[PDB]
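Presented below is the structure to which this report refers.
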Amino acid sequence: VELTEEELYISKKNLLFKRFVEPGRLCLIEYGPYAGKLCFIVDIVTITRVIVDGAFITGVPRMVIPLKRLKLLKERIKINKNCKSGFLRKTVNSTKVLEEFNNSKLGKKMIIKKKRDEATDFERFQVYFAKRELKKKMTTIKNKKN
Amino acid sequence: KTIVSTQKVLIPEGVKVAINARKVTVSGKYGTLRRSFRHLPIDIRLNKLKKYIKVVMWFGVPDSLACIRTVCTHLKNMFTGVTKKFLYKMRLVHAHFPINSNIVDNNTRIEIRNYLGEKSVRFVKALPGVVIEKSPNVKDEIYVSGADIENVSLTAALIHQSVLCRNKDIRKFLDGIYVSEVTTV
Amino acid sequence: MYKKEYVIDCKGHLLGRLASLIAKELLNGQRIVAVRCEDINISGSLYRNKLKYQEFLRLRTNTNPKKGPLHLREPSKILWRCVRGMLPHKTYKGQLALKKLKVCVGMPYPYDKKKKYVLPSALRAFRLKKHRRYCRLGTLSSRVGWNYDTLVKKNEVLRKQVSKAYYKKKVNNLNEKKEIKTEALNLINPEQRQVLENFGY
Amino acid sequence: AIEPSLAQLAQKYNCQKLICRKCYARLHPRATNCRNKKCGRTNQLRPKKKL
Amino acid sequence: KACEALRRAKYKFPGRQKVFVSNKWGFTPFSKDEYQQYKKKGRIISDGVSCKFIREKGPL
Amino acid sequence: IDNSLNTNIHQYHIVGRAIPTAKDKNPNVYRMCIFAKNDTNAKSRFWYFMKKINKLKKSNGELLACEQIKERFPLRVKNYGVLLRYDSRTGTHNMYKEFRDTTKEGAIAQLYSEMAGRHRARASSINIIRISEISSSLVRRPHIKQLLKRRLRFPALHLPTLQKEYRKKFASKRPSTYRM
RNA sequence: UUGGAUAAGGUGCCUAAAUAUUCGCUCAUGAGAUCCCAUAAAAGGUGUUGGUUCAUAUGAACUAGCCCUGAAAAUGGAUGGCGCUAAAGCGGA
Ligand SMILES: O[C@H](c1cc(C(F)(F)F)nc2c(C(F)(F)F)cccc12)[C@@H]1CCCCN1
Ligand SMILES: [Mg+2]
Ligand SMILES: [Mg+2]
Ligand SMILES: [Mg+2]
Ligand SMILES: [Mg+2]
Ligand SMILES: [Mg+2]
């Protein structure tokens, strides 16, 4: 039996708790040897511990972690509970979830940060120069407006 | 610890329910009631398309569940109030001296005179938004009414306190106003 | 703690922890202005806190109360006292550190235009479970005779309006800046523009 | 002059309660414990003495 | 009732005591079931309170 | 590999027997799994148990074998039932607790913590009598039953544990515990 | 004497070192806080947290942790102080 127009309501009904820890949630590891790394929730051990797996695209092996060490992302991909690592890899690649994540604000900012970190002095200088140029132009525009 | 605990509070027909952050506000036939619940961790949610409102609590011991239940009950009470005024019938029993009950200031501030014959005036003011009426049917009873199930109750309690005697045998001196019936209009 | 003067917004903080945080910084060599001290929270139930305060008050010097424990009942004053407690104030360095601290109720003259900082490891929202009883410091102060609470609140409210007004203007300015940036990104140089894009800006 | 029903009602409040054998607290007539902290919530309850 | 009595008594001793219901038959050092079994094959003679167990040792 | 998360409790199969004597040429060999932090500790535990049970002491017996058993499927959630004997300040008690974990060792580690926390029972005072994997039809403890739920889902209410790099005592704007 | 690495103990600040991580347990209208050590008990507790034994998802009885009562002295007042409750308490790892 269908909903007809209740579907819309369901879609747009504010839920206080988005991002549930559950199989196939994206997840940014915050604390430990692995941090800033992405990793998917495979199974769940207890109310406090979960098994994560960073699909061989990511560097992080299947392992148990405290949920406290994870920050849930808006991303999810439907997966069978008992899904092995290979299967996970297959699915995520297919769905292009990583790309989506990157596109998203947080992912973008992370990537920017990474770029900043990895930059050469010259590159930094180039950026500075660009900024200066923009400021000049911006200043001119402001003057014109005035 | 119990992962998920839920309680469904069915809303009546002619009730305008409005929640945000545990600050529930209900509009009805007999006034608007606002009562915050932001002292317990609860993600209460509306269902405006259909009926009912859902109170859900994640994790937490039995205490949490109890709290949730209490909240639900409160909500129900509020709904009831909005639909219909909460009638608190208060009968005053006297052994010798008839209790002179005088209502003033728009059915607020009930003045109690000649209790046990002390010739003094007992002043008891009603809470915000609660009407106090006298008997149209019998000879003694006093109606305490007005939306909020809580406020009315409080008022009644206050009235009772104002009445009750002091340093004498309470089993012999049964004089005073007492809550006879807890009903709705 | 390498800034000239840190202004700390004391609202939503947990007292003792906040004090501790302050003290170390002071010792290191940092000018701290603890601002808006009426809204500092204590982890005990309000009544318990009140009782404790009363007890403290009771311990005065028996011979001549002109000396001994001065029971300063202003929230800011209380905070200051707490800070002092966590310091070697009997030496010279400690004294200096103490002096460096400045406490304010609400927000006064210069500390409305200065950036207000928050200590996240001391916040009530991050240090207390939400089923435990907490106590606002201002309320406590009022209970143990401070009087100037309502006035303070009023002042705060007044300030808020001003802040809002200022905030609107700021927002507008930001928007304008953004617009300008959008306009001018096409007026630079291609490669440079690309580079800029790459590095987030 | 106390009409029976009224009297009964009065009793309901003033008389038909329990009492803590330790701190004398007036308790509901169906209570199992003291409710008061000083007796350490004793289970030692007696009925309110009638007449 | 016995247990209750014991508990009451305990209220009067010093230190820490405990009421302990036994799987024994009663003062006799045999489990109830064991005692029953013995009775069934008649390897036990009851005197007064205490009972003797035939050990297969004495002369005829 | 994480070195902050790990609990160094392993399981060891130990086999030992009393030294043969002229009067008892063919002694009886005893085997057990023992949960302990290192191999020597495991051995010691085994010896203690032998002492408790049979007439045997380390001085008149010999260890035949010590294995160290690794979990076969260290990434499969399993529901563990455990039986314990523990000593309180007031006396001695038997008990059964259940722990959902990914390895026997992990379960044991959990258990030790639990006993320490809930009963103030120190490691010395506990004797693990059997841990076995319980099927989901025989789960008796509600805190494990709940987990065994079908399409289980829960939000994340835990407070962020930032790295001591991005942990700063001065913050710009008041952080948010809500997240999402 | 210099440099190193520890011991006992600690690592919120005083106070050098964790507002470390990890799993529990505690809320106290006179919490608790580490050998000697600077006190607390019998008896309770429909406080909560585990258990055990029973009975027909309730009713029992018990049991032990923390907590509460029991817990009253004289200058003011002392986990060393400040404080601390998603502990900076108690039991661990
Ligand atoms: O340390 C406690 C205490 C003191 C003072 C202070 F000295 F600043 F007024 N304020 C306290 C507060 C306060 F009210 F938040 F300031 C709460 C709890 C205990 C306090 C007192 C001191 C005497 C013995 C224990 N209670
Ligand atoms: Mg040296
Ligand atoms: Mg060293
Ligand atoms: Mg230091
Ligand atoms: Mg304090
Ligand atoms: Mg310390």
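Residue numbers begin at 1 in each chain, while the letters A, B, ... track the order of the sequences. Just follow the structure's listing: the first ligand is 1, and inside any ligand the first atom is 1. Not the full deposit; the contacts listed refer only to the portion displayed. The figures that follow rest on heavy atoms only: side chains count, while hydrogens, waters and symmetry mates do not.
The PDB lists the drug found at ligand 1 under the name (11R,12S)-mefloquine. Looking only at contacts, the largest set of contacts to (11R,12S)-mefloquine comes from what the PDB entry names 60S ribosomal protein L13, putative. Counting only non-hydrogen atoms, chains lying under 4.0 Å from (11R,12S)-mefloquine: C, G. Neighbours of (11R,12S)-mefloquine under 4.0 Å (other ligands and ions): ligand 5 (magnesium ion). As recorded in the PDB, the name for RNA chain G is 28S ribosomal RNA. The residue-level binding site of (11R,12S)-mefloquine (heavy-atom cut-off 4.0 Å) is C:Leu15, C:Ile42, C:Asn49, C:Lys52, C:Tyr53, C:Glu55, C:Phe56, C:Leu59, C:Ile78, C:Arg81, C:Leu140, G:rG77, G:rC82, G:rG83.
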